[PDB]
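Structure note - ibuprofen present.
Throughout, residue positions are numbered sequentially from 1 according to the sequence presented. Read the numbers this way: they start at 1 and go in the same order the structure lists the ligands and their atoms. Heads up, header says this was done by X-ray crystallography, 2.2 Å. Only heavy atoms go into these numbers, but all of them, side chains included; no hydrogens, no water, no symmetry mates.
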Amino acid sequence: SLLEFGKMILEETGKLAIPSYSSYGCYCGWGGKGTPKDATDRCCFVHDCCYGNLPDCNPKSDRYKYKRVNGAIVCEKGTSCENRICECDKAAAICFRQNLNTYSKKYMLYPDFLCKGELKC
Ligand SMILES: CC(C)Cc1ccc([C@H](C)C(=O)O)cc1
């Protein structure tokens, strides 16, 4: 769920999910279209695609458990939707950490009309 996702992001980046990653680019947070603006926005796009592979799960409200083993994120065993949701989020958080150096404030609150395009998962 969002709860877990938000806390993973903070632990990983030292940034709060809202609002550093909830209105960024074309996909972070409220996506649907266009070309992702940078590496961080691409993390969000792949994250959307990851969720997109679980039609019958509810990644926003279904809660899972994970633990840190030294720095590593380890998803604990829950239902099959939970395991798979956690793997999607874990990847997004690492992707965020990896591109933290190009994170740009120019992309916060990015306007909808500039998200245009077509990009298939
Ligand atoms: C963090 C808080 C603002 C929740 C939030 C943000 C964006 C979305 C979109 C609709 C999505 O997840 O597809 C859902 C929930």
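Structurally, the main neighbour of ibuprofen is the chain that UniProt identifies as Basic phospholipase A2 VRV-PL-VIIIa. Defined by non-hydrogen atoms within 4.0 Å, the binding site of ibuprofen is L2, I18, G29, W30, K60. When heavy-atom distances are rounded to 1 Å, the UniProt active-site residue of chain A nearest ibuprofen turns out to be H47, 7 Å. Closest to atom 2 (C) of ibuprofen, if we only count protein heavy atoms, is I18 CD1, 3.2 Å.
UniProt lists residues of chain A as binding Ca(2+); of these, a heavy atom under 4.0 Å from ibuprofen occurs in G29. The source organism recorded in the entry for chain A is Daboia russellii pulchella. Within a 4.0 Å radius of atom 6 (C) of ibuprofen, the protein contributes no heavy atom. Of the protein's non-hydrogen atoms, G29 O, 3.2 Å is the one closest to atom 9 (C) of ibuprofen. Below 3.5 Å of separation, one finds an N or O of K60 facing an N or O of ibuprofen.
The single protein non-hydrogen atom nearest to atom 4 (C) of ibuprofen is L2 CD2, 3.2 Å, given as residue, atom name and distance.
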Tabulate distances under 3.5 Å between N/O atoms of ibuprofen and N/O atoms of the protein, writing both atom names on each line.
unit_1    : atom_1 : unit_2 : atom_2 : d
ibuprofen : 12 (O) : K60    : NZ     : 2.9
ibuprofen : 13 (O) : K60    : NZ     : 2.8

